[PDB]
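Quick look: methotrexate on Anti-Methotrexate CDR1-4 Graft VHH.
Starting from 1, each residue takes its place in the sequence as its number. Values below: all heavy atoms of this structure, side chains included; hydrogens, waters and symmetry mates excluded. Whatever order the structure lists them in is the order used to number ligands and atoms, beginning at 1.
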Amino acid sequence: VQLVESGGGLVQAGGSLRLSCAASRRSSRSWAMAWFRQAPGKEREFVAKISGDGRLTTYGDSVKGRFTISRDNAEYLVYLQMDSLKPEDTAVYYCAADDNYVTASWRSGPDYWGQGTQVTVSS
Ligand SMILES: CN(Cc1cnc2nc(N)nc(N)c2n1)c1ccc(C(=O)N[C@@H](CCC(=O)O)C(=O)O)cc1
């Protein structure tokens, strides 16, 4: 099972970017999904998570009100809409899956991890 992140690249502060998460296989179980990000020298940090059915979301305090997480269970995609970007925000973004929604925001929670997509925000 491979998680594959898309949509990373070079963008401008105050811009928008959409990332997406895809999977190499479908599962018969309902998974909670998350995005995490990791800047040059730091820990992988929580960004957003979403319950199996798309009903529950929670956001890391630094992106709250700016990023929207949502999912399309038909196409099997997870999306991260990133509005009002800042130079901080520059990071490798990773999509992940977790068998429950409680642990999904905890670094050791997720059972599956993407290889990551580079987002760079200039001023
Ligand atoms: C976490 N997940 C990927 C996954 C799940 N839900 C999604 N949901 C959405 N909306 N978007 C995705 N990209 C998405 N990706 C998985 C997890 C396990 C396996 C897997 O090893 N296959 C087994 C394990 C799970 C099972 O027993 O059903 C299988 O038979 O399906 C597949 C994908």
### Query
Just heavy atoms, cut-off under 4.0 Å: does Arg26 contact methotrexate (ligand 1) by side chain, backbone, both, or neither?
backbone
### Message
I need the contact type for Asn73 against methotrexate (ligand 1). Using non-hydrogen atoms and a strict under-4.0 Å cut-off, is it side chain, backbone, both or neither?
### Response
both
### Query
Looking only at heavy atoms, is any part of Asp111 under 4.0 Å from methotrexate (ligand 1), and if so is it the side chain, the backbone, or both, or is it neither?
neither
#### Entry: Mode of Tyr76 contact toward methotrexate (ligand 1) - side chain, backbone, both, neither (heavy atoms, under 4.0 Å)
both
#### Entry: Non-hydrogen protein atom less than 4.0 angstrom from atom 21 (O) of methotrexate (ligand 1)
yes
### Query
Numbering the atoms of methotrexate (ligand 1) from 1, which are under 4.0 Å from a heavy atom of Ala97?
1 (C)
### Message
Working on a figure here: which residues of other chains come under 4.0 Å of methotrexate (ligand 1) (heavy-atom distance)?
### Response
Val1, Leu3, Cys21, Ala22, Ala23, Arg25, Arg26, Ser27, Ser28, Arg29, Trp31, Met33, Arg71, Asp72, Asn73, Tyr76, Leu77, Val78, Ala97, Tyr112
